[PDB]
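Report on one structure; see the data block that follows.
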Amino acid sequence: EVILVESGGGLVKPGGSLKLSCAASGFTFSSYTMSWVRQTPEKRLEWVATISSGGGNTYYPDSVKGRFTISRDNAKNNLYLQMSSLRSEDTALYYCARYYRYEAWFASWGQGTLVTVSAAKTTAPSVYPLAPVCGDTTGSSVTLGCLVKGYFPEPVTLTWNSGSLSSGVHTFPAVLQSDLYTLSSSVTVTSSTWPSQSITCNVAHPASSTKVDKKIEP
Amino acid sequence: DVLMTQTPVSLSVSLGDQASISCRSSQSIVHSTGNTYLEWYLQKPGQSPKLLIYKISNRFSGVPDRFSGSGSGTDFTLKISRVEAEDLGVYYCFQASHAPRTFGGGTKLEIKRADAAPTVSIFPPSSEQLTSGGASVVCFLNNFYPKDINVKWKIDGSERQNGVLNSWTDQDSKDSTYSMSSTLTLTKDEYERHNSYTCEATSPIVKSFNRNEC
Amino acid sequence: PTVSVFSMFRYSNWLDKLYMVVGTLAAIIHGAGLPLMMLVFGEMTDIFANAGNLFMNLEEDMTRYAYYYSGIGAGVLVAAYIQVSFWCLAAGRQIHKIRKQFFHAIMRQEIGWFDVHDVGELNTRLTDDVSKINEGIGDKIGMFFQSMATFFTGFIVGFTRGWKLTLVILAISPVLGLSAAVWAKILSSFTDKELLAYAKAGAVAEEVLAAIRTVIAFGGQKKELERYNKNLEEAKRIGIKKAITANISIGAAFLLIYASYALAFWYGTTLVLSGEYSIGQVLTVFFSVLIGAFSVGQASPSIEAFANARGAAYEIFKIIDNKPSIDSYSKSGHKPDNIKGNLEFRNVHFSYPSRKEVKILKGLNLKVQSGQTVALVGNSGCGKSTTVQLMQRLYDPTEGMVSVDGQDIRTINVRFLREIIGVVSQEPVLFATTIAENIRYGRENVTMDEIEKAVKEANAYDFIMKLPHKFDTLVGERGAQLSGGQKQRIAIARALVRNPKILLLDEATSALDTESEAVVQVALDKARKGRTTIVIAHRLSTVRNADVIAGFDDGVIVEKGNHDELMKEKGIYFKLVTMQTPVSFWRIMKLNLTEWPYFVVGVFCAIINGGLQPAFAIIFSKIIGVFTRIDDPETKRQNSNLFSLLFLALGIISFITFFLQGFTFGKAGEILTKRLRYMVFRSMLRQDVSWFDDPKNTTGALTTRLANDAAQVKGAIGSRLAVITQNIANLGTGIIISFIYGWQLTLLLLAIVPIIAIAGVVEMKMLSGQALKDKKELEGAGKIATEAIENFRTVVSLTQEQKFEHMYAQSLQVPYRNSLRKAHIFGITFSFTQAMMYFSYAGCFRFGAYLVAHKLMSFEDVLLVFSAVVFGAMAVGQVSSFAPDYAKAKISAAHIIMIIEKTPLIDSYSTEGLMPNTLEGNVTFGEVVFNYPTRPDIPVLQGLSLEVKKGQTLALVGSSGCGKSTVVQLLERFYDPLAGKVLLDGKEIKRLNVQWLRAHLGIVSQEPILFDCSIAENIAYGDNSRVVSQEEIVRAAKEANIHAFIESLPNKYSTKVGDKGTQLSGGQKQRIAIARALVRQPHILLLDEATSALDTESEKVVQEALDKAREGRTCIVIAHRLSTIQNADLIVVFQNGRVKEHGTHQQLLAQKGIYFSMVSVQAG
Ligand SMILES: COc1cc2c(cc1OC)CN(CCc1ccc(NC(=O)c3cc(OC)c(OC)cc3NC(=O)c3cnc4ccccc4c3)cc1)CC2
Ligand SMILES: COc1cc2c(cc1OC)CN(CCc1ccc(NC(=O)c3cc(OC)c(OC)cc3NC(=O)c3cnc4ccccc4c3)cc1)CC2
Ligand SMILES: CC(C)CCC[C@@H](C)[C@H]1CC[C@H]2[C@@H]3CC=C4C[C@@H](O)CC[C@]4(C)[C@H]3CC[C@]12C
Ligand SMILES: CC(C)CCC[C@@H](C)[C@H]1CC[C@H]2[C@@H]3CC=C4C[C@@H](O)CC[C@]4(C)[C@H]3CC[C@]12C
Ligand SMILES: CC(C)CCC[C@@H](C)[C@H]1CC[C@H]2[C@@H]3CC=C4C[C@@H](O)CC[C@]4(C)[C@H]3CC[C@]12C
Ligand SMILES: CC(C)CCC[C@@H](C)[C@H]1CC[C@H]2[C@@H]3CC=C4C[C@@H](O)CC[C@]4(C)[C@H]3CC[C@]12C
Ligand SMILES: CC(C)CCC[C@@H](C)[C@H]1CC[C@H]2[C@@H]3CC=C4C[C@@H](O)CC[C@]4(C)[C@H]3CC[C@]12C
Ligand SMILES: CC(C)CCC[C@@H](C)[C@H]1CC[C@H]2[C@@H]3CC=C4C[C@@H](O)CC[C@]4(C)[C@H]3CC[C@]12C
Ligand SMILES: CC(C)CCC[C@@H](C)[C@H]1CC[C@H]2[C@@H]3CC=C4C[C@@H](O)CC[C@]4(C)[C@H]3CC[C@]12C
Ligand SMILES: CC(C)CCC[C@@H](C)[C@H]1CC[C@H]2[C@@H]3CC=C4C[C@@H](O)CC[C@]4(C)[C@H]3CC[C@]12C
Ligand SMILES: CC(C)CCC[C@@H](C)[C@H]1CC[C@H]2[C@@H]3CC=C4C[C@@H](O)CC[C@]4(C)[C@H]3CC[C@]12C
Ligand SMILES: CC(C)CCC[C@@H](C)[C@H]1CC[C@H]2[C@@H]3CC=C4C[C@@H](O)CC[C@]4(C)[C@H]3CC[C@]12C
Ligand SMILES: CC(C)CCC[C@@H](C)[C@H]1CC[C@H]2[C@@H]3CC=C4C[C@@H](O)CC[C@]4(C)[C@H]3CC[C@]12C
């Protein structure tokens, strides 16, 4: 099928310049229009650019014009969006896109990359275990938790036991307050699981190279 | 500039029936050549939006034939029928007729189900956090319905704290329930000064911790 | 003219009707080959688009379409062949028939009718009209039908695929078809236009190159050159205007084609993006309709050719149908048995229908018995030859009735009467065939014993015994190989082999000596006893032994009786008897170097025309690609508008480039041709006369060289440069772009490029209708038809229609057998090359689908390689066909250089030599011998000598052709003798100045010649490098007694005289010749036949100016009339170039010699 894979982005300061490149494989890339679409944290969507196939036609909405350039390198099937002068509002998730014959603009979306534009030093999160009072025997189950606080930017990863625990997980969306993010996750395991074998909370904050595994103990 | 507005934003629907979304487009969106060029998109919770219809009547190759679409001039609609829990997400309209291109506001879907009480759980602050001068008590309200639920924090029983940080997950695709966490954040000193705090979900659902550590 | 359409195909068997029907069906099928190809291609493009957008099925589908293409290929192969060959065959046969019958009809014709039309024009007319008819009938009709089919198939395909786009292209189609017609006409007629432009000059060139010896005698070479320069300027201006117009029209045609591409693709993108039509369907419709509307343009050369054929056909079928009053072959003619010699003429009045206003004959009555030798005496002008021609029924008398032995000629067969009258006319001419055949030309079945008897009667066996090939000697043209006496003796034998019943001699011993004339007359009296005989001669030695002598006067036979009867009658005959008792070089551009600017610009535009083919591919490919790729609508609309604009811009710059290339190279050709014609003409005027003697150089070869070689040098240089440049651009760029984009396909198409180029060339030659090699070769068989009518002597001697009609047919039979082989070979060559185009279309696109399949190259690339290479090759072919052959033009430039750098013996511009300030006027010839450079074996002179003093009227009397004008050409520096010594007042002429001797003297020519200008100027002609006063003009006109005829004429001194004074009479033009010589005031004056055609009162008024002006100047008069000879000072008589008698006239009258026989001839 069509594999689209974005890379670049991350954290940048206003007036800054970044380069997002989306490697595209499987569909003779040199013959398809390619667009770039964006989605903001308010959950709205917008359009950010298109570029014709191996050609010079580029389109832009008024905002991004003059500040955003779009290009494609067919030698390796790559698509590069180069942003500059980043206003504080372009914080967003950027998806590549492909063009479907029979005129259906965005057919196959690649995976989104996250770009954050704000004047704030990368803050590492504080990971705290969450357990009941001395391992309370609740019904026939035990609910554990993990609390990451004081983290920025938003991209953060949380798994239980390197991904072993996935059946009873509840990762809650991060809430922003005072230029710092707070996120939490729960996991529900039977009473015969946690006190016997310890559960560990795996947290990764790429922007500060933070990676910590906090075991949940009673 | 064309502005696209979807009438129904929160369209909750019973499992098994037919649900319809309606998007109204100004300026009678019509390309020069003669094609309306209005498309719909679906986005599942935690995934990248995908194509449903590349035209008002045409359906993208790979879409169940229960998704129908119908549209005349400056008005368009989408009829989903036989709602199935895999059809839960957000629905967007895109128009490429005019020289700028604009997605409409998202519309959210909801699989109507029966009521369900949350499995409440309260957690005292960790020792490490108390060492750094903070004390955050976290309460989990997992797998309930509907989303409209209150949570009250009660320190020393009588007090009602209000500096809490709530967070809801989107409706789960398996059981269609909701989950929320309430994190009451106070200082280590204000916390060491009391030892009676609970978490009430609203005949409420009470949960409390006798002491800070055990 | 344009009548009897069905009659032109009158000479058509059944097989040719079959050939024509089958050929036209094959034509229509050929015509439905291009359109269907465009349909298949328009579907293949849909397949490539869909499969690319997705493609493992691609290859398989393309296999199918490859079959389809190959299918059509084979079809268009067979149809093509059957068309061309068959039509050619039809034309071939018909032409042959027409040819063979035409000459037959030409052979039999009343002699009066023959007088009305020129021999040269008629002879040319046969061949040229037949070639024009054949050009029509052969292929123009088949190509018309092919074009008609291609057009209708195109429009129907265009209307079934999609009707809206084909409506639009119908809307702009008239302008397209008219462009095609104009362009085709131009390419076909570009070579013809030049021949029409140059004609006015060519006339004057021909006049003055004809009368070279005269104009040289008058020094008026410079003035003549001026006239020629004027006509050249006019020809240059006409040619330049025609070049501007041809090239503006071709430029506009290209601009229109490119604007049509731009319109069609703009509208085609509106449709495709609207969803109505696919891209391959737009391609189908557009190309079918464009090609169908270009086919209409090709029809016009075919329709024009047919009109021409009809025109020439009318004038040839008139000559065929024309039934003369007197036929040469009659089956109804009554033939007699007991043929006894008896002649009856009574009240015979007849006049020549060439000049019917004058009546030479006013009735003659004669009765001649058998064995009666009748001689007729009288001065030249009564018509002895007229009676001879009246005898053989070459005409009919307007009054009375003639009869031979009782019954009249008017009811009896003509051929049977013509065979039994052996006649020898005034001049004999030996045919080219062997002497055995010539003597055999009397009758059919003669053996060599009768031949030997007849030649021994003719006493012409000694010179047969001395020369090799005693019965196998091929005598040259017009009896030039042998002497005149041998000629007339063998002509007597040629008459005698018929064994006739009535013998008629007309001046049978004109140039014959004594003993041979004697033995011939003895032989004539040897065979006169069984036959009737009539002898006409000037020598009275063969007349005195006749039966009856008679005398003409004003056409009426006045005196009759025997010798002694006319003796006692004391008439004119009594007075007569009383008085009697390689290397070629590349220096053909070094002469046009001065024009290098025009070439540089012309090379530049040249490259640009060549470069256009690749650009048009790169955009064409790309434009189709705008619908192959997967983009949004707006990108497709913008890129299609951009490439349509590029189509418009390519058209505008094509217009500008074609106009400039044409205009510049065309003015280069014009200027080169002008300068070459002028310089060659100048060097021809300066050239000596002996050079005009040589048989290799003739009056016509020079005119033909002037009008062809000077015109082909421009081709040899300019066209070569422009062709190599256009082609190198158009093919180098194409093969390089194709090498870059995809090499696998480019090798496969490079393997075929040769055949596509050759196919373009072959199609260009079909359109250009290049003249047929077969007739060009067959020219060898035309000299028979030329000679067999030119002679008109044996044809009169014997009807000879069978012998020469059959020799012509037989010589014609050999090229006919070659013409059919040519028709088959050329049909096959045409069919194979076109079929190869279609198969190339299949194989290229199949290999391209395999390549696209394995992701080696895109579809735009296979399309760009196809266009830029295949059609680049076809354009290489067409443009290399337009180029003239380089070998012909290179040899021709070498010929022109040979003439230009030729050095003349007797320089005419130099002033070096002996220039004395004074002279006296005495001339002294001693031991002068002269042989003609064209006749090195025959000496006309044998060491003459002469002494002339001041004012000595020196008469020169002799036979016709004894060196009479030779002494003139020896004086006027025409031919310098090999031996002898000439002293001009003790000053040798070989050391003096060349133009001083030609400036001093002045002569009247042997025949008066007049330039094409006014009579006052024409009479004045004679003095140059001098302000010509009109008082001397009117004084000379009064002294020559021409002032009356000039002052009588309207626009008296501005009256335009035609070529060689053909408007006014002979005595007047001879008189104005006298007034031309008179303005020279020569101290040495020569007269050559001053009274050839002049009245008796005009001879005195001419001679009075001479006698009053003979003092002071040496005068030398040569004439046959004794009136100016009696009053001469000294008289010289010649005999085979030897001075026999000289001195005073009384001394020659005292000692009776040959001058006594000369003087006393008609006096008393
Ligand atoms: C396989 O082909 C065929 C070839 C022939 C025939 C039939 C065919 O069957 C079809 C029959 N005989 C005569 C018909 C004919 C018609 C026109 C031309 N000469 C141009 O057409 C042309 C002239 C330009 O200069 C004067 C020029 O550049 C300025 C661009 C020109 N044309 C193109 O480039 C072109 C046009 N259509 C194409 C369609 C598909 C693929 C490639 C294409 C390329 C030559 C001969 C002889 C060859
Ligand atoms: C004094 O200086 C010089 C001046 C000149 C020359 C040489 C000179 O010096 C030595 C030579 N020059 C010759 C140029 C030339 C050669 C051959 C053709 N022959 C066809 O054009 C054609 C014939 C068809 O049959 C008779 C036919 O049949 C249907 C379709 C034909 N053409 C097409 O179809 C077609 C198709 N697409 C086109 C696209 C763009 C542009 C043209 C297109 C044409 C046209 C022009 C003219 C000026
Ligand atoms: C010169 C012709 C008339 C004789 C040769 C055989 C002809 C009749 C055959 C050979 C190939 C055939 C064509 C091949 C493919 C197509 C495309 C299809 O969509 C319509 C029919 C059509 C156009 C066929 C018509 C008939 C055809 C042209
Ligand atoms: C004198 C002329 C008209 C005779 C030529 C015969 C031609 C015109 C005939 C013979 C075969 C016919 C074709 C056969 C098949 C098709 C396919 C169809 O989808 C369009 C019409 C089309 C393309 C026909 C057009 C007309 C046609 C090409
Ligand atoms: C003298 C000139 C105008 C003759 C031109 C031919 C005319 C009669 C033809 C050729 C092209 C044709 C036009 C081409 C296409 C269309 C689109 C159609 O939906 C309406 C008719 C219309 C606009 C046609 C009208 C008639 C038309 C203009
Ligand atoms: C004979 C020529 C030189 C004069 C003009 C004729 C051509 C160019 C004219 C005649 C009819 C015209 C067409 C009439 C209608 C339409 C339909 C429209 O949607 C596009 C323009 C178009 C296609 C016009 C293009 C120009 C046109 C084709
Ligand atoms: C006389 C015949 C040949 C008609 C010639 C007129 C042609 C050349 C005219 C008629 C319509 C014109 C087109 C109309 C509009 C556009 C859009 C513009 O963005 C590019 C030029 C373009 C594409 C024009 C090209 C020139 C055009 C095609
Ligand atoms: C430049 C590269 C890529 C390709 C060029 C190859 C050359 C050698 C080819 C391409 C075009 C060819 C020319 C095309 C036509 C002619 C005219 C002919 O009367 C003489 C040969 C001549 C002059 C050819 C000579 C060879 C030629 C010049
Ligand atoms: C113009 C003429 C002489 C061309 C000569 C044809 C021969 C020599 C060329 C032309 C096309 C070529 C073939 C085209 C493609 C393939 C498929 C590949 O998997 C094996 C080689 C093979 C089979 C090539 C072999 C050589 C080939 C057949
Ligand atoms: C006429 C002369 C100059 C060239 C003859 C054409 C031949 C040699 C060309 C045409 C197509 C070409 C072939 C196309 C593809 C292949 C397949 C590869 O595995 C070997 C090379 C080979 C086989 C190419 C060799 C050269 C080739 C065969
Ligand atoms: C280096 C590449 C171009 C090799 C291919 C050589 C080809 C394209 C060149 C070389 C010799 C050229 C040929 C030389 C002779 C003639 C005869 C002439 O009346 C028509 C053109 C034609 C047929 C030329 C066509 C192009 C030609 C075949
Ligand atoms: C120029 C024409 C007249 C002669 C050459 C015709 C070409 C097109 C023919 C001859 C040999 C053929 C090839 C023979 C073998 C193969 C290998 C196969 O796996 C792909 C097709 C392919 C490549 C064929 C394609 C068509 C082909 C290349
Ligand atoms: C030159 C004349 C006299 C003989 C005929 C030549 C023929 C036999 C040649 C010329 C073009 C060739 C065709 C070109 C392409 C293909 C497609 C391939 O998939 C099958 C073979 C096939 C169909 C070839 C068969 C042979 C072919 C048809």
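Letters A, B, ... label the chains, following the sequence lines from first to last. Chain A residue numbers are taken from the PDB entry; in order, the displayed residues are 1-218. Quick note: numbers on chain B are straight from the PDB entry, i.e. 1-202, 209-220, in order. Numbering of chain C is taken from the PDB entry, so the residues present carry the numbers 32-85, 104-630, 694-1276, in order. Atoms within a ligand are numbered from 1 in the order they appear, just like the ligands themselves. These numbers come from the heavy atoms of this one structure, side chains and all, not from hydrogens, waters or symmetry mates.
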| How do the PDB entries name the drug found at ligand 2? | tariquidar
| query | Which partner chain accounts for the most atom contacts with tariquidar (ligand 2), named as in UniProt? | reply | ATP-dependent translocase ABCB1
| task | Write down the other chains contacting tariquidar (ligand 2), where contact means heavy atoms under 4.0 Å apart. | result | C
| request: Give the UniProt domain of chain C containing most of the residues in contact with tariquidar (ligand 2). | output: ABC transmembrane type-1 1
| query | Restricting to heavy atoms under 4.0 Å from tariquidar (ligand 2), which transmembrane segments of chain C are involved, by UniProt's count from the N terminus? | reply | 4, 5, 6, 12
